[PDB]
Amino acid sequence: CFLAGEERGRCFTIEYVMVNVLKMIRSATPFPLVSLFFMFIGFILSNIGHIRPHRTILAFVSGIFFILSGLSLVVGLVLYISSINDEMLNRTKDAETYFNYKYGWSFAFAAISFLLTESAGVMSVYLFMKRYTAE
Amino acid sequence: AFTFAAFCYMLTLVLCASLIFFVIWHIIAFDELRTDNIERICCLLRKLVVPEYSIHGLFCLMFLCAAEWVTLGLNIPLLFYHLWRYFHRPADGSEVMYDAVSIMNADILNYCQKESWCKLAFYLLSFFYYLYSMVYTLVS
Amino acid sequence: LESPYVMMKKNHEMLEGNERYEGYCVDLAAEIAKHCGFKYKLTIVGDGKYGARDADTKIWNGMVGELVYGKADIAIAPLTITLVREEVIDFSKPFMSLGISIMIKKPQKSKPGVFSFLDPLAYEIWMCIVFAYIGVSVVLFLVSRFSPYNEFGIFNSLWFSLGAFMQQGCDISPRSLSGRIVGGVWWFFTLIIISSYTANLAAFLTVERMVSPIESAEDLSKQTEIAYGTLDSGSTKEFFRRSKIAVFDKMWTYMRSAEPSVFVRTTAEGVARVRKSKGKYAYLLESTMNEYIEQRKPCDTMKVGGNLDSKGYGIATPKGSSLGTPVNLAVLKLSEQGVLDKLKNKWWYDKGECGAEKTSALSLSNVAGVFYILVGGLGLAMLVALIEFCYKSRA
Amino acid sequence: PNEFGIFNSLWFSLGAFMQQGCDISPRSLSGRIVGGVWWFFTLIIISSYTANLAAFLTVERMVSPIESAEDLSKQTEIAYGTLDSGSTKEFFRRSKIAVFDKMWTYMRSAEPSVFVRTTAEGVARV
Amino acid sequence: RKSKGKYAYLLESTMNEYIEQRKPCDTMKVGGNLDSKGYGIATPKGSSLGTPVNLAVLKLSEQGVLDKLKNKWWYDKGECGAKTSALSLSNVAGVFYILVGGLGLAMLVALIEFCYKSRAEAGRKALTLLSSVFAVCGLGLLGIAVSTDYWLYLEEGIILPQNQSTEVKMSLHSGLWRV
Amino acid sequence: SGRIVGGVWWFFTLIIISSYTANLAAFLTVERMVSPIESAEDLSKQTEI
Amino acid sequence: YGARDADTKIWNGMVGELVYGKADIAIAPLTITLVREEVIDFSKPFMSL
Ligand SMILES: CC(C)CCC[C@@H](C)[C@@H]1CC[C@H]2[C@@H]3CC=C4C[C@@H](O)CC[C@]4(C)[C@@H]3CC[C@@]21C
Ligand SMILES: O=c1[nH]c2cc(C(F)(F)F)c(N3CCOCC3)cc2n(CP(=O)(O)O)c1=O
Ligand SMILES: O=c1[nH]c2cc(C(F)(F)F)c(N3CCOCC3)cc2n(CP(=O)(O)O)c1=O
């Protein structure tokens with residue numbers, strides 16, 4: 001969504017539209033969706049393990065999907081930023097031009113959500129070892 | 001000049017000189033078997049089985065990556081010999097594997113004697129061969 | 001009108017005469033009129049074409065057409081000495097030697113690879129490290145099990161040598177003279193090899209050294225990655241077509257067939273496609289405008305190699321004149337006195353733009369390979385732990 | 001098949017990054033791959049910190065200040081300037097000295113103008 | 001060819017490309033041309049072949065004969081042909097010799113440890129003699145060293161750039177207090 | 001007594017290995033700065049050839 | 001190749017054999033110069049050097 005230079009409030013959905021590239025982030029694009037899919041599985045499996053605690057394996061296996069969701073967020077954020085940095089690299093050198101990229105508040109949320117699955121994926125393993133030594 | 005191929009002939013000379021020692025132990029063990037002992041000769045050979053068949057397995061992966069297709073080929077007849085010798089004739093073991101549960105037969109023992117002199121003859125062939133292509137690649 | 005030759009001055013509205021026009025062939029025409037002796041009158045051709053014979057009407061098409069009929073007396077212009085023009089007009093000896101040249105984009109840094117961290121050591125070394133790694137771990141095994149003092153299995157001898165290579169020693173160490181020689185020379189290895197990795201990476205990031213992918217036309221000929229391209233109707237495309245030599249045959253059969261069309265319609269568009277390529281398009285141009293567009297903002301282009309043919313620009317007169325012999329002797333005088341060369345440094349290289357380090361931080365792109373090997377190595381170890389759990393517990 | 005809690009797994013990996021080997025090490029091939037690729041990570045990252053810092057401190061040490069007109073003659077990233085009347089222009093104009101020829105060559109053809117109209121304006125630009 | 005990168009002979013382009021493509025392949029050409037000259041077929045002043053030779057040379061330029069005859073003599077009949085930014089196995093190469101020579105040293109020590117300790121399974125007199133012999137030899141060697149003057153050799157001379165051979169001006173076999 | 005011998009030997013090797021790494025980095029930088037002759041202007045400055 | 005001396009003003013060589021009648025044509029590396037163009041007629045350059 002263009003914001004100040006020719007304030008074109010038309011939000012270009014990049015798939016079919018039309019200077020920058022900004023389809024550089026299509027390689028990065030699957031990995032937050034893969035991680036959100038693995039995390040949503042883990043939320044199903046950790047809740048039903050709390051609903052039925054007569055099984056224990058539902059707790060530890062939900063612990064894996066949280067931790068797999070985190071490793072899909074790292075490769076997400078690494079390949080996101082690595083796709084950025086080699087496009088501010090391919091800019092013809094000049095003293096009348098400046099590029100200033102700056103990450104925003106949805107980049108922080110995917111960064112914070114890394115810390116919360118690695119937290120909950122750790123805590124779903126301690127919940128397993130307490131539940132498995134119970135039965 | 002020192003290249004990756006030339007390093008592969010150095011390190012295989014270092015290791016096949018430890019392979020000739022595995023088969024000089026293989027001749028001296030069965031020779032003291034017939035002149036005189038089961039569990040002693042059972043143990044000391046089996047711990048020197050999978051070391052022997054895998055250091056040579058290291059060689060076959062070494063000359064592959066060095067793109068030395070000749071010396072890769074000259075170890076192929078021993079590799080599938082080794083591949084048959086572990087997969088077939090396992091007889092039972094139920095441990096690491098090879099060579100010994102209740103041997104005591106002129107069939108199996110001379111077959112171990114067929115090994116003993118052949119493995120020494122093949123590896124001493126390789127040591128002077130590996131020294132040949134090492135010195136060859138270094139000065140070329 | 002073509003730069004760095006005659007061009008309209010910035011105040012061409014207010015001025016009049018021989019002062020509206022500036023450039024190489026205004027300074028050249030002033031020097032021809034000094035050594036010959038006359039008063040010149042700069043007259044831009046009405047057609048704006050250099051000169052060519054029309055198909056069947058047989059009337060010429062520009063500056064050649066003005067000299068043949070009556071409309072001019074001399075053409076001090078970038079006019080190529082060809083065969084079909086010498087038959088009608090009389091050229092001087094060349095005031096400028098040139099030819100077909102190669103224009104590329106100025107070689108930038110890279111896009112840093114996904115295994116670009118391996119660059120300070122050659123791939124011959126990184127393989128020698130891996131096989132000396134196993135070769136030491138095998139020797140540390142054999143010498144610890146046979147000839148004991150045990151703890152160094154092949155599982156533990158690979159782990160001791162990994163900690164020794166990765167500069168982080170382990171909670172095992174050999175206790176025999178034989179095992180401590182294996183440890184000691186593998187420790188000397190990893191001191192030198194890792195000091196050589198850091199030092200060569202310090203040499204990289206300090207001295208930045210760009211290379212051109214192609215540096216001749218033969219090195220253009222034996223590739224498939226970078227595309228060629230000339231103008232669609234000129235002496236350049238007609239050069240590669242009727243050539244027979246060795247390489248320009250191969251450089252024609254590529255350009256003839258391979259699509260999207262490498263040919264262009266204007267020099268100004270062909271320079272754009274060099275800059276709209278990030279290094280896959282090489283516009284084959286005539287040597288003098290290639291050195292022009294190199295020295296103009298934005299500085300993005302570069303001439304590589306040497307000229308592909310040799311031709312020349314010459315001052316033309318009509319067939320039979322009292323100017324023809326004095327102008328010819330003027331050009332050879334201005335060549336030896338260095339006037340034609342000091343006017344070359346002026347308009348191409350002095351009356352123009354760009355001239356003759358920063359160490360930005362390492363971006364994530366430079367070391368993005370080890371973040372992929374890490375997570376790929378964490379994903380591989382979660383596979384092995386599942387395989388271990390099945391194999392152990394079920395049996 | 002522990003000694004590795006999360007408090008001891010977070011501690012093994014500080015000491016693996018900060019290249020200071022800890023008391024405990026993984027004993028399973030599952031854990032000795034996590035230990036292995038984390039060691040290769042920190043081997044590259046610390047070598048890339050040391051050698052980029054060595055590339056900073058070398059290049060800022062190469063930066064030599066202006067100490068002549070010949071040092072101005074080569075380095076055309078610092079712009080010249082001369083008051084736009086009088087004998088300082090007329091020195092560089094009619095000069096036939098090699099350095100001062102190249103200095104007038106830059107100053108006559110440059111945009112925006114290096115030629116200031118007043119001394120107090122030219123000091124202000126410095 | 002002899003000065004090892006100290007001398008740069010400024011000559012004609014076509015003699016430079018000849019000598020470059022000529023055995024031994026030792027010299028090369030860098031940069032571009034410094035001026036621009038030309039070779040010409042030359043008629044007396046008023047010859048009949050002033051115009052047909054002029055139209056011949058331009059016809060051979062366009063057909064490519066002058067380039068075909070250029071590739072034949074300078075390059076085809078020329079006895080030649082036609083950096084990687086990284087440490088190779090020639091820079092770090094003694095390291096692989098110390099490593100392999102250390103592994104070969106270690107396994108012959110494992111042979112000696114095996115033979116010495118298998119026959120061990122099957123004193124004060126030694127340390128008394130080994131302490132005294134290594135002392136009196138150490139007393140002997142430093143005693144010789146301090147007195148005798150062959151600590152440092154010192155040769156100062158001049159360069160003679162023909163062969164880059166040298167000639168001494170000074171030579172020492174100095175010592176601790178004796179030149 | 002022994003933790004001083006251990007201590008000053010560690011400071012020794014800290015300086016020596018940092019001096020090997022950083023002198024090798026001073027070799028490979030300076031040989032990388034060595035640009036060959038590519039013009040007459042490059043001959044014009046470099047009067048060692 | 002060809003050069004006039006200031007003393008006798010007589011060319012020596014291939015330029016001398018064209019001016020003083022000995023030759024008809026001089027296919028050779030005869031460099032197109034000013035002082036030669038006034039006495040002989042060079043063609044267009046067959047080689048730029
Ligand atoms: C670390 C490097 C320098 C290796 C040094 C070992 C050298 C000096 C040599 C190689 C043959 C060795 C021998 C090898 C092993 C035996 C048996 C052991 O019970 C004590 C050491 C002893 C008696 C020898 C000591 C030293 C020795 C003479
Ligand atoms: O006599 C000729 N002299 C020419 C001189 C030049 C220039 F270099 F600009 F001086 C150019 N251009 C080349 C670059 O794009 C702009 C025009 C074309 C010329 N042409 C047409 P061509 O040679 O058939 O292509 C002639 O005919
Ligand atoms: O005779 C001259 N004596 C000058 C003396 C001085 C001063 F130093 F201030 F005394 C100055 N300034 C220096 C800078 O501009 C403001 C005044 C100019 C002088 N000028 C003009 P010039 O042509 O620039 O030399 C003369 O002509």
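Below, read A as the first sequence line, B as the second, and so on, with proteins coming before strands; counting in each chain starts at 1. We count ligands from 1, going down the list as the structure has it; atoms in each ligand are counted the same way. Both backbone and side-chain heavy atoms feed into the values below; hydrogens, waters and symmetry mates do not. Only part shown; contacts counted inside that part.
In this structure, the main binding partner of ligand 2, as named in UniProt, is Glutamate receptor 2. In this structure, of ZK200775, PRT062607, LY451395, the molecule at ligand 2 is ZK200775.
By chain letter, the other chains having a heavy atom closer than 4.0 Å to ZK200775 (ligand 2) are C. The binding site of ZK200775 (ligand 2) (heavy atoms under 4.0 Å) is made of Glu2(C), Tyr50(C), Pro78(C), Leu79(C), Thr80(C), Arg85(C), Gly234(C), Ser235(C), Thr267(C), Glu286(C), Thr288(C), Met289(C), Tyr313(C). Residues flagged by UniProt as binding L-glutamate in chain C that sit under 4.0 Å from ZK200775 (ligand 2) (heavy atoms): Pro78(C), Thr80(C), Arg85(C), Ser235(C), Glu286(C). The UniProt transmembrane segments of chain C, numbered from the N terminus, include none with a heavy atom under 4.0 Å from ZK200775 (ligand 2).
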